[PDB]
Each structure stands twice: as C-alpha cells, then as structure tokens.
**Q** 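Mind having a look at this structure? Questions to follow.
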Amino acid sequence: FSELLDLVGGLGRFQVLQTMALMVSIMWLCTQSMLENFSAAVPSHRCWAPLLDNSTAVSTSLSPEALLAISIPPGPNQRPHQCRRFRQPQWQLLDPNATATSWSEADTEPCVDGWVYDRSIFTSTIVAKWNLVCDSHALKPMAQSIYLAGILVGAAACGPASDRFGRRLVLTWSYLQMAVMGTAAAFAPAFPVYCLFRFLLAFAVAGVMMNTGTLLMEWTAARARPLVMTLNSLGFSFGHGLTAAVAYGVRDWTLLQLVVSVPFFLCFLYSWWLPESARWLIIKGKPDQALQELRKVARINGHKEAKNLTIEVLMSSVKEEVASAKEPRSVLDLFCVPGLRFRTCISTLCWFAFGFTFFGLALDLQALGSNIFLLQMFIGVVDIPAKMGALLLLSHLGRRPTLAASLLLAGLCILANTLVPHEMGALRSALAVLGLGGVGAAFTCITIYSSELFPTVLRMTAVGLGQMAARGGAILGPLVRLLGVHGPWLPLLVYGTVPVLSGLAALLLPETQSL
Ligand SMILES: O=C(c1cc(Cl)c(O)c(Cl)c1)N1CS(=O)(=O)c2ccccc21
Ligand SMILES: *[C@@H]1O[C@H](CO)[C@@H](O)[C@H](O)[C@H]1NC(C)=O
C-alpha cells in the first residue's frame, strides 16, 4: 500500500493541510480538558454572617478587618476559617488583651447561611455556583474523575465503532457530539447534570483523539510517521497556551465553556471534505470509493498518476492484510508468550505512569504556583521544545535512555517541589513546569517506543492495552488529591514516586534502535 501512497504522494500538500487542520482541532480538544483549572477554580470563601454581609444592618465605626475578626474564627491554615462562624458576635475579641482561650467550639457553627466567595480573579466558577466546598469539597475531583472515566469508556467504544463505520465518519460525529455536549454543559442547572454532560463530552473526546491519530497514520509514509505523530503531539502544547489566553480573557465559567465548545461546529463542518481512509475502504471491499479518494488526494498533490491508477492494483495490493487480519487475537496472547510478558508489563507500567502523573499534576496547577494563567502558558512553552528534543534524542541516543531519563527527570523535579520551602514560589513553579515538560517528552517517547517493542501481529493489541492503562491511571489521578487532608505534600509525593519507579523499570527494556 506504500506504493499506492507513493503513486499518490507520501508527503505533500495534502498531508500538510490535513495535519494543520487536525492540529487545530487537537488544540481545542486540549482546551476542553484543561478548562476545569479555571472553570472549577476554588476562590477564597467564608461563611455568610450578618455583621459582615448584611449591608442593610446597622453601621458601626469598626473597620472591615475588625468585623471579620468579630465574626469568623481563625482556621486550621492559620488563616480565617472557611467553614465555621461564630454563633454570636465576639465583641470580647476586639481588644489587644484578648486571647484565643476566650472562645470554644460551642461558640462556633457551620455556615448555616452559606458562603461568600472572592470575585477578584474569577467572576464565577462551578465551585461557587454549587458550593463544592467544606463537606462537599470532594465533589470537584469526583467531577474530573467522571470526565476521565468518560474518556476511558469512549476509547472502549471507539474501536469497534471506528472499524464498523469508518475513521472519518466517527471523527465527524465525535466533533458534533463535542460541540453539543460542551454547549449543554455550560447551561447545566444542577451539578449532576453538569457531570453527565461532561461525561458525554469526554466520550466524544476519546473518539476525536483516536481517529485523528489513526487517520494521520494511514495517509502518511512510514518513514515520516514518527514526525507526524510528534506534530500531532505539539497540537496539545499549543492547546495549553490557548487555554491560558482564553481564560485570561474570559473570567466567567459559562461563557468560557461556551467559547471553547463553539469552535467544534466549525470542525464538524470541514470534516466532510477530508477523505475517508483508503486502507479501510479497500479492506471493507469498497475499492470503487477508495479509487475516488486516492485520485482526489493525488489531484491535491498535483500528480499525473490519476491516469494510471485502476481498481486492479488497489484490490490486489492490500489483499495480504485482508487475508491475515481474519485471525482474532487478544490481550491474553501477550501474557502467554514468556518473552513478551516482561516487555508488556514494563510498557503498560510506563503508560500508566504517564497518564496518572500528567492528569494528577496538570489539573491542580493552583497548588504548584501563584499565577495559574502564567503557569498554564509556560507548560506549553516548555512542552514544545521538550517534545521536539525528545524526538531528536530518541533518534540519536536511542529509545531506552530517552524514555528512562525523561521519566526520571519528571519524577525528580516533582519530588523536589515538595522539598522547596513554600515561600519560594518562583522556584517551585519552575520545577513544576520542568516536571510537566518531562512528562510530555515521556509521552512522545512511549508512543514511539511501544510500537517498536512488539511483533507486527501483536503491535496494535499491546499499544491499545497501554493506552487503556494510561486512561485508567488518569482516573486515579484526581482522586489522589483527596489525600491532601493529611497535608498537601502527600499527593505530590505519590505523583513523584510513580514516575521515578516506572522510569527505573524502563531501563530494563531492550533497545529497538537499528545498528
Ligand atoms: O490526552 C492525551 C492523550 C493520551 C493518550 Cl493515552 C493518547 O494515546 C493520546 Cl494520542 C493522547 N494527551 C496527550 S498530551 O500531549 O500528554 C496532553 C496534554 C494536555 C492534555 C491532554 C493530553
Ligand atoms: C438584614 O438586616 C435587615 C435589618 O432590618 C433585616 O430586615 C433582614 O432580614 C436581614 N437579612 C438577612 C439575610 O439577615
């Protein structure tokens, strides 16, 4: 089939335009996942109280800070309490002679009247809308876990649907579903409905990812395939900065969600001009349509060979795969063979480490630094060169050292972030950025490396298993933040430990670079 591609053009105008078109949609797809750093930002909050918040109440000569001290006790963080208020105004606490021994838990009560939120940075957020605070604080990571579980289920459903219906058709309807569900989520009346719509949006996100990746491979020459994969990866790097800019411009969660969702109506529209995979059409016994698609691509590339292509070469050339693909093969086959068992274990561990670490760290930037807009931007700024250098290094120094070093660097940088004093926010932010860049380089390295570790018959099965492992770990990513009750260092300790152990294991893989 590579000869058919050469007759049509293995890397030309068509492939360039297609790659750009898909990269834009990947940028917006990235914005969809990173949105909840801003859409679900936690502002500073406190109980509503009469002396502070009922502006119609009798005025006094006291300043706002004195009223805040009179109304709200100091909390565990050595800062104003976020979930308890004084039952009666503590006038006794106003003099400098007072001491904390003068009041007890009997004087406190939960926020009967609700919470007051800081509006300086964000005009509105999900947390403020549905009071995902205090006793309900766990509901934010639950929502993110539901979104990632939606991705996992969408990936499970995409494969059979893609094979039965086609790459481009499923990509089109995934675009449409993303647009519809993202717009609907912006106007959700209640939190469970928001969760439902986010789940159904992730369901389509999975299809967009998988079919973009698949469709780029099948129209590209084998020699250029890794480079095209790397550019597809750079699409997310651009998505990060796009998220930072749009969130800087749009401080309202509904408008932000709507803005990042609307573009997918345009993606849905131009998906119709993309050609369906010719490999899929030939395999499914539709050579007449495959000829149309192939000569369309040749016309775009400007080749004269449209006068020479005929159904006979189309039918015969791919026939070998049409015959050999009739065997169903399974994940159990990988673990039966003694030699492949070890490679499979380590490869799946590395996939899991990538997914777990990335979606653990990237969705709580608020804990890593002071300014999340700038941090979000710099993640992409560093991700671009990290991914390109990963490509260069793995082509020059090998897959094994590159993957191992990337994972070790990410883990060591994240572990250091817990060790640095909290007051040095700049250094911690830099370490966080470097860790995430290392994670992106590791994603590139594992994507290229996993294809080369397995025999051609079992290649796709092992890669699918690895991807499922990564998407499973992504779910556990957010849940680990609930360990923050015992201190903010513990989640970062886990996030840093996992990549270190998986990177050390990667040193036990064989090298696949040609001599
Ligand atoms: O969600 C994925 C992804 C996961 C798997 Cl397991 C894949 O196979 C593919 Cl193609 C993509 N990414 C790849 S990323 O550049 O790290 C990145 C950065 C930011 C947001 C998402 C994301
Ligand atoms: C605020 O204070 C006024 C004082 O007249 C009172 O009528 C009103 O009910 C109070 N509102 C709340 C929410 O406490």
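Here the PDB entry sets the residue numbers for chain A, with the shown residues being 3-517 in order. Side chains included, hydrogens not; waters and symmetry mates left out as well; all remaining heavy atoms used. Counting starts at 1 for both ligands and their atoms, following the listed order.
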**Q** Just wondering what drug sits at ligand 1.
**A**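 That would be dotinurad.
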**Q** List the macromolecule sharing the largest contact count with dotinurad, named according to UniProt.
**A**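 By contact count, the main one is Solute carrier family 22 member 12.
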**Q** Based purely on interatomic distance, does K389 place a nitrogen or oxygen under 3.5 Å from a nitrogen or oxygen of dotinurad?
**A**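 Checking dotinurad against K389, an N or O pair does fall under 3.5 Å apart.
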**Q** Looking at dotinurad, does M212 have a heavy atom less than 4.0 Å from it?
**A**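 So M212 does not count as touching dotinurad.
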**Q** For dotinurad, does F361 get within less than 4.0 Å through its side chain, its backbone, both, or neither, judged by non-hydrogen atoms?
**A**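 The part of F361 near dotinurad is the side chain, not the backbone.
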**Q** For atom 2 (C) of dotinurad, what's the nearest protein heavy atom and its distance?
**A**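 Ranked first by proximity to atom 2 (C) of dotinurad is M211 CE, 3.8 Å.
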**Q** Tell me which transmembrane segments of chain A, by UniProt numbering from the N terminus, have non-hydrogen atoms under 4.0 Å from dotinurad.
**A**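 The UniProt segments of chain A with a heavy atom in range are 4, 5, 7, 8, 10, 11.
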**Q** So is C32 in contact with dotinurad, going by heavy-atom distances below 4.0 Å?
**A**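 Contact check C32 vs dotinurad: positive.
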**Q** Name every other-chain residue that has a non-hydrogen atom under 4.0 Å from dotinurad.
**A**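 On a heavy-atom basis, the binding site is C32, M36, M211, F238, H242, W353, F356, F360, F361, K389, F445, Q469, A472, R473.
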